[PDB]
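Chain A is numbered as in the PDB entry, which gives 28-288 for the residues shown. Indexing begins at 1, ligand by ligand and atom by atom, following the structure's order. So this one's X-ray crystallography, 1.1 Å, going by the header.
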Amino acid sequence: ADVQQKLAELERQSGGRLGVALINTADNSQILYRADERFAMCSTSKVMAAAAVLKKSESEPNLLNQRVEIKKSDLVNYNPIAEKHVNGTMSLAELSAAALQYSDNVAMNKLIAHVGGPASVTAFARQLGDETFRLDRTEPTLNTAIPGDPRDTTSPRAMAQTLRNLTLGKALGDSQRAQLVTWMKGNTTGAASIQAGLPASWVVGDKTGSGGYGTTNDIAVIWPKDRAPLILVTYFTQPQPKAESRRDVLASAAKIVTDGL
Ligand SMILES: *C(=O)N1C[C@H](NOS(=O)(=O)O)CC[C@H]1C(=O)NC1CCNCC1
């Protein structure tokens, strides 16, 4: 009751639309707020694309080592790693790390292409039991985040359940699950989001995202000190097309739902 009041208050103060799903694996409980509404995933969709590559790699031992050309024609609007490798190759492992840890959009496009495109990433989600996730577009257009548009969306509940499966459950084989967790724990982009609302000592693997309409997102697996892990999804979007990001709202949401733990 208190936690719900606090999230509603945060949403009202923020001026936007907030979606939260926490799974506490200590007691199999959840805290949900707009958790069945759709939100544009933006760069948080990179987790599903990397996971689809990892799944493919379970039957293809040379896949992660496969060399992918980086051409000028591959550049899109946010390319911090790929721009340093133009006219050379990167491995699919290197592209996965760049997508997850630096949120490189070229890297995301190569992951998408090498599993068969957005509909293939979506079919992977369906195979895991996630009916909600939909990846419709490639980078950079998947980040438009127009209100009412279902393209490139999921719900907080669906993404929390799927992230649990990927990182703590059995969607991926032992090697592949460990690799995803390693990659997410090495994320460099998330300190202002969920992590900013948790104690300094807690360990986090997360993936942020942002896009049109001031969309500001984070999805995380969290290891609190001496406690079972948590899964937290915080999605946020705003009414104005050119709204600025609100990473503080995600931090505030994280603090609200973990207070006590
Ligand atoms: C993901 O949401 N992206 C790519 C990159 N991610 O930053 S983080 O917040 O994921 O670490 C920057 C924001 C976002 C993105 O691609 N935004 C678009 C860039 C190209 N023009 C439209 C916005």
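The chain with the most heavy-atom contacts to ligand 1 in this structure is named in the PDB entry as Beta-lactamase.
PDB records give the name of the drug at ligand 1 as relebactam (bound form). Under a 4.0 Å non-hydrogen cut-off, the residues that form the binding site of relebactam (bound form, ligand 1) are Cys69, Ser70, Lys73, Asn104, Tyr105, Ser130, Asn132, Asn170, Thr216, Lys234, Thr235, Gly236, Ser237. Residue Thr235 approaches relebactam (bound form, ligand 1) through these ligand atoms, each under 4.0 Å from one of its heavy atoms: 8 (S), 9 (O), 10 (O), 11 (O). Residue-ligand proximity, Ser70 to relebactam (bound form, ligand 1), at heavy-atom distances under 4.0 Å covers atoms 1 (C), 2 (O), 3 (N), 4 (C), 5 (C), 6 (N), 10 (O), 14 (C).
For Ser130, a nitrogen or oxygen atom sits less than 3.5 Å from a nitrogen or oxygen atom of relebactam (bound form, ligand 1), counting backbone and side chain alike.
Distance check on atom 1 (C) of relebactam (bound form, ligand 1): some protein heavy atom falls below the 4.0 Å cut-off.
At least one N/O-N/O distance between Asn132 and relebactam (bound form, ligand 1) falls below 3.5 Å.
Of all the atoms in relebactam (bound form, ligand 1), the ones that sit under 4.0 Å from a non-hydrogen atom of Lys234 are 10 (O). The contact set between relebactam (bound form, ligand 1) and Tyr105, taken as ligand atoms under 4.0 Å from a residue heavy atom, comprises 5 (C). In terms of protein heavy-atom proximity, atom 17 (N) of relebactam (bound form, ligand 1) is closest to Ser237 O, 3.9 Å.
For chain A, the entry records the source organism Klebsiella pneumoniae. Shown in contact with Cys69 at under 4.0 Å from a heavy atom are these atoms of relebactam (bound form, ligand 1), numbered in order with element: 2 (O).
In this PDB entry, the covalent tether of relebactam (bound form, ligand 1) is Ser70 OG. Nearest protein heavy-atom contact of atom 23 (C) of relebactam (bound form, ligand 1) is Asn170 CB, 4.6 Å. Below 4.0 Å from some heavy atom of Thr216 lie the following atoms of relebactam (bound form, ligand 1), by number and element: 11 (O). The nearest protein atom to atom 20 (C) of relebactam (bound form, ligand 1), hydrogens excluded, is given as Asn104 OD1, 3.0 Å; this is a heavy-atom distance.
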